Every structure is written in structure tokens, then in C-alpha cells.
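Structure follows of lasofoxifene associated with Estrogen receptor.
Numbered from 1 within each chain, the chains take letters A, B, ... in sequence-line order. Per the header: X-ray crystallography, 1.8 Å. Order of listing sets the numbers, starting from 1, for every ligand and every atom in it.
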Amino acid sequence: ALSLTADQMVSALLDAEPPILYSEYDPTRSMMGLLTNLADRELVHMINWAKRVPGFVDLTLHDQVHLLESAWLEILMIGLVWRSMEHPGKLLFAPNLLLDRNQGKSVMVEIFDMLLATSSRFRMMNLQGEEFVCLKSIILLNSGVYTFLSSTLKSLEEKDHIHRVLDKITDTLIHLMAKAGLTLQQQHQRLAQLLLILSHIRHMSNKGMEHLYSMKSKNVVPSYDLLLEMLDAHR
Amino acid sequence: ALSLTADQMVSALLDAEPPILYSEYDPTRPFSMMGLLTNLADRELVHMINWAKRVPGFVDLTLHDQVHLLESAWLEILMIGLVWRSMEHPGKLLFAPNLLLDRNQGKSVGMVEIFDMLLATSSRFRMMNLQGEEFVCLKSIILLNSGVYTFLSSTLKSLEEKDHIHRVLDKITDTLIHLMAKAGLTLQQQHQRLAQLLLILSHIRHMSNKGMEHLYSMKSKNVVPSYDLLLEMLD
Ligand SMILES: Oc1ccc2c(c1)CC[C@H](c1ccccc1)[C@@H]2c1ccc(OCCN2CCCC2)cc1
Ligand SMILES: Oc1ccc2c(c1)CC[C@H](c1ccccc1)[C@@H]2c1ccc(OCCN2CCCC2)cc1
């Protein structure tokens, strides 16, 4: 896992990409309903993607669940922002569900606006697909790593492993930038620009989690046990 | 500001550092908690405004954008300051030199949750052996980055403002790399450490959101600094 080359890391991540799902509605002849149904179906595929992120299945089941519990909304969001990049002023939730900010005003527009701004920022930077899949894996590995409130020997080893995998993704990002002919200065500047966007994505997830919690619906935040069930796969 | 050398940037940030304040209580009296922390935070905010104006490039911005940046970043900046001065006190948070608290003392006034996250950040700083020069760079990055994706304006002036902010952020990136090269780190180690440092900022954003949630939940008129209060201090 930690022996992969930069190109091999990229190929692994590109091959692991989840599919783009459609919204489920009768196109012949409810907004939050549609988004929730979409998000729920994406989550199943996200679990498959996560297990194919180099290093992720080396972790205990418990730590895998903790990471996904922390990162799942950030991952949905960065995927949406990536899909939306070439659609200025709109969010491509699905190919049959492309919404502008006005259509967010039915429940939400605050969140829509933050996502739209991220998409624009990605457009301004000319974010590449290879960079995107690196950033998405970084979110998965990083978002929950500081909240392992455990200091068992096992936990120390798990955190050390995660930071080693995060280092390899850093090396990989730098490599893609060197491959594109960027100077050393441009490389570290772009690395920093990309990573700083992750704090905003964290911010957006927190705002969105605040909404889901306020709905006071039993199933709207994925339980540890539900995440456990999807992750704890038999063979 | 964009013409400062790396060493000049560091010197300017080091000289701009705010003082360490004390908690205001009669130490001869029996040992409220939120009251002490709030009084401390309020007095720190005044010095924070002073610090911000000495961050190279910050006063080049419009008053309105300065307020926006501080509105977005002020709790993150208090938190990173806390985590930094707690670095050499494992298991404790050094709110002030006369107010060193462990997690059991956080349980008095949903605070232990926030205490635990702060403690974990301090431990992460400790393990990375974070340096003072690095810390002031990171704090400046928070000030400039946290609000830059939420200006929600695309006037010519706002385009110029965002461009300037990203140029200053780039210079701070250059500065961090130079500090690491000065310390003898290889190019690989430099990029990996830059990444490790910046990824911690997502967790600090997370912590600020959790804390803002508490302050808002108090329903007290002045506990979240208003736009116009920040404007008066920034005049
Ligand atoms: O590609 C995507 C599909 C749907 C979404 C997003 C990306 C980005 C955030 C969205 C959002 C809008 C308003 C409030 C909060 C978030 C929305 C979305 C809606 C609902 C969600 O949660 C539904 C609950 N559901 C239960 C288990 C997991 C999710 C997640 C995301
Ligand atoms: O060095 C510092 C002084 C005080 C603090 C911190 C750092 C870190 C977060 C703290 C916290 C504890 C519980 C909940 C939220 C945050 C607490 C703190 C307490 C109160 C605060 O807000 C008071 C309101 N006040 C009104 C204008 C500005 C702040 C901010 C930070």
C-alpha cells in the first residue's frame, strides 16, 4: 500500500472513482426529498470507493467507520463541486438535476452559495481530475484523524499509518504538478492553495450537518452501526 | 507587503504577536467557568484586531473585507493561540497563565467535547514539533483564508481584493517553505510538512464551528461579535 509509486497511486484513485448517479423522479408530469434520496444512494458507492483508497482497508473496521463518519458529507460535497465546475452558477447534483441558487430557496440557499463559490474557485485554479481524486482521498483520511480519542498502542499505529498514507498523497500531488511542468515554487504554492480549500469544505459540511440534525429525523445522519454494517463486508 | 523577503515576513509576524493575557478573577477567593473564558476572549479580541492590522497585506484590503475576514476567523484565531500556548502542557489547556485547565474542569459549563478537540490539536502540534515561526505563519493564513471563499461579491473591487489575498497567501506559503529549508529539511520533507501543517487548519475550522454553535445557542445579545462592532474596532 505504502510501496505504490506516484503514478500507481493516481491510477488506483482514478480506477476507484464512484459512478455519477441520477436523481430519482418521474421526468414526465420535494427538493430535500430528491437530494436526500440521491445522497443515500451515493453513500453506498462511497463505501466501495473508500475501501479502494490505498491504505484505507489496512485500518481497523472501527477506524474506517470513524473516518467515514467524519468525512462523508465533505466527500459528497467535493464530488458535487467537481461535477459542477463546468456549469457556472449552477450545481450539478445529478445530470438530470442541475440547479441554480434560486432553486435552492425552497428550503438551503446559504449552502448552495458556498458550494457555488467552491466550484468557481476550482474553475479559477483549473483543477485537474487527478488532483481532485487526491484531494478527495485526503478528506477521507484527514477529517477524522484528530478525533480518535484513543491512545491505545493500536491507535498510535493507526494514526501513524494514516499520516504515512497522507504523506504519499502529498508526494503524488507534487508529482502531478511536476509532470505538468510547474516550477518548484508554483508546486508548493498550488499544493497550499488546494489544501486550503479543504478547510472551506469542512466549513460547508458543518453547516450542512447542522441542517440534517435540525430535521430531527431518525435516519438523516448515518449511524455508526449503519456505517459499520456497510463497511463490515463478508467475503 | 508583496515585496517582503521571507525573513522580513517572519520578522513582521513575530513582532506583530499579541500578548498573553491573564484571566480576571480574585485568586484569593474560592474557585463562572464560561464567564471567565468569555471575559478572557473579549479582551483578547481587542488585541487580535491590532495584530490583524500588522499582518502584511491585511490593511491593504477594504475596511469591509477586513471585517469579513475577522468575522470568519476570530474564533479559529483564539483557538490556535490557545493550542499553541498549551503545547508544552500535555493534557491541559493554558487559557491563561493563571488558568490552566484539564478536561475534567471542562465538564462544568457541552464543553468537554470542545476541550478534547483542542487538547488533541495541541498533542498534534507537540508531535510535529511545531515552531514559533511556523505558528505565526499558520495564524496569518487562517486570518486570510477563512473568509475568502464567502465574499459573495464579484464587483471589480472584490475581484482585486480576492486576487490580493491569494497573492499574500502565496507569499506566506513561500515563507513556510523557506523556514523549513532553513531548518535543513529535504524538498520532500518540506512539501510533506507544509501539507501536514495546512491539513491541521481544517480541524481548527471544525473546532471553531463547534464552538460557534455553542455561543449561538446561548441566545445572548453580544456573544457573537457583530459586523458593526468589528467595524468600530477596525474603524
Ligand atoms: O451529491 C450530493 C447529493 C446531495 C447533497 C449534496 C451532494 C451536497 C449537500 C446537500 C445538502 C443540502 C441541504 C442540506 C444539507 C446538505 C445535499 C444533501 C442532502 C441530504 C443529505 O443527507 C441525507 C441523509 N442521508 C441520510 C444518510 C446519509 C445521508 C446529504 C447531502
Ligand atoms: O484564548 C481563548 C479564550 C477563550 C476560549 C478559547 C481561547 C477557545 C474556545 C473557548 C470556548 C469554550 C466554550 C465554547 C466556545 C468556545 C473559549 C471561548 C469562550 C467564549 C468565547 O466567546 C465569548 C464572546 N465574546 C463575545 C465577543 C467575542 C467573544 C470565545 C472563546
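Other chains with one or more heavy atoms under 4.0 Å from any atom of lasofoxifene (ligand 2): B. UniProt domain boundaries put most chain B contacts with lasofoxifene (ligand 2) inside NR LBD.
Applying the 4.0 Å criterion to heavy atoms of B:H214 picks out, from lasofoxifene (ligand 2), the atoms 14 (C). Scanning B:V224, B:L75, B:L215 for the heavy atom closest to atom 31 (C) of lasofoxifene (ligand 2) points to B:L75.
Every atom of lasofoxifene (ligand 2) is numbered from 1 in the order shown, and the set under 4.0 Å from a heavy atom of B:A41 is 4 (C), 21 (C), 30 (C), 31 (C). Any N or O atom pair closer than 3.5 Å counts here, and B:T38 shares no such pair with lasofoxifene (ligand 2). Between lasofoxifene (ligand 2) and the UniProt 17beta-estradiol-binding residues of chain B, heavy-atom distances under 4.0 Å are seen for B:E44, B:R85, B:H214. In the entry, the organism recorded for chain B is Homo sapiens. If you number the atoms of lasofoxifene (ligand 2) from 1 as listed, the ones under 4.0 Å from a heavy atom of B:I114 come out as 14 (C).
When only interatomic distances are considered, the shortest N/O to N/O separation between B:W74 and lasofoxifene (ligand 2) does not fall below 3.5 Å. Interface of B:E44 with lasofoxifene (ligand 2), defined as ligand atoms under 4.0 Å from a residue heavy atom, comprises 1 (O), 2 (C), 3 (C). Proximity of B:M33 to lasofoxifene (ligand 2) is not established, as no heavy-atom distance is less than 4.0 Å. Listed by atom number, the atoms of lasofoxifene (ligand 2) under 4.0 Å from B:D42 heavy atoms are 23 (C), 24 (C), 25 (N), 26 (C), 27 (C), 28 (C), 29 (C). For lasofoxifene (ligand 2), the atoms lying closer than 4.0 Å to a non-hydrogen atom of B:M34 are 13 (C). With the cut-off at 4.0 Å and only heavy atoms counted, the binding site of lasofoxifene (ligand 2) comes to B:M34, B:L37, B:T38, B:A41, B:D42, B:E44, B:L45, B:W74, B:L75, B:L78, B:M79, B:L82, B:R85, B:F95, B:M111, B:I114, B:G211, B:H214, B:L215, B:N222, B:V223.
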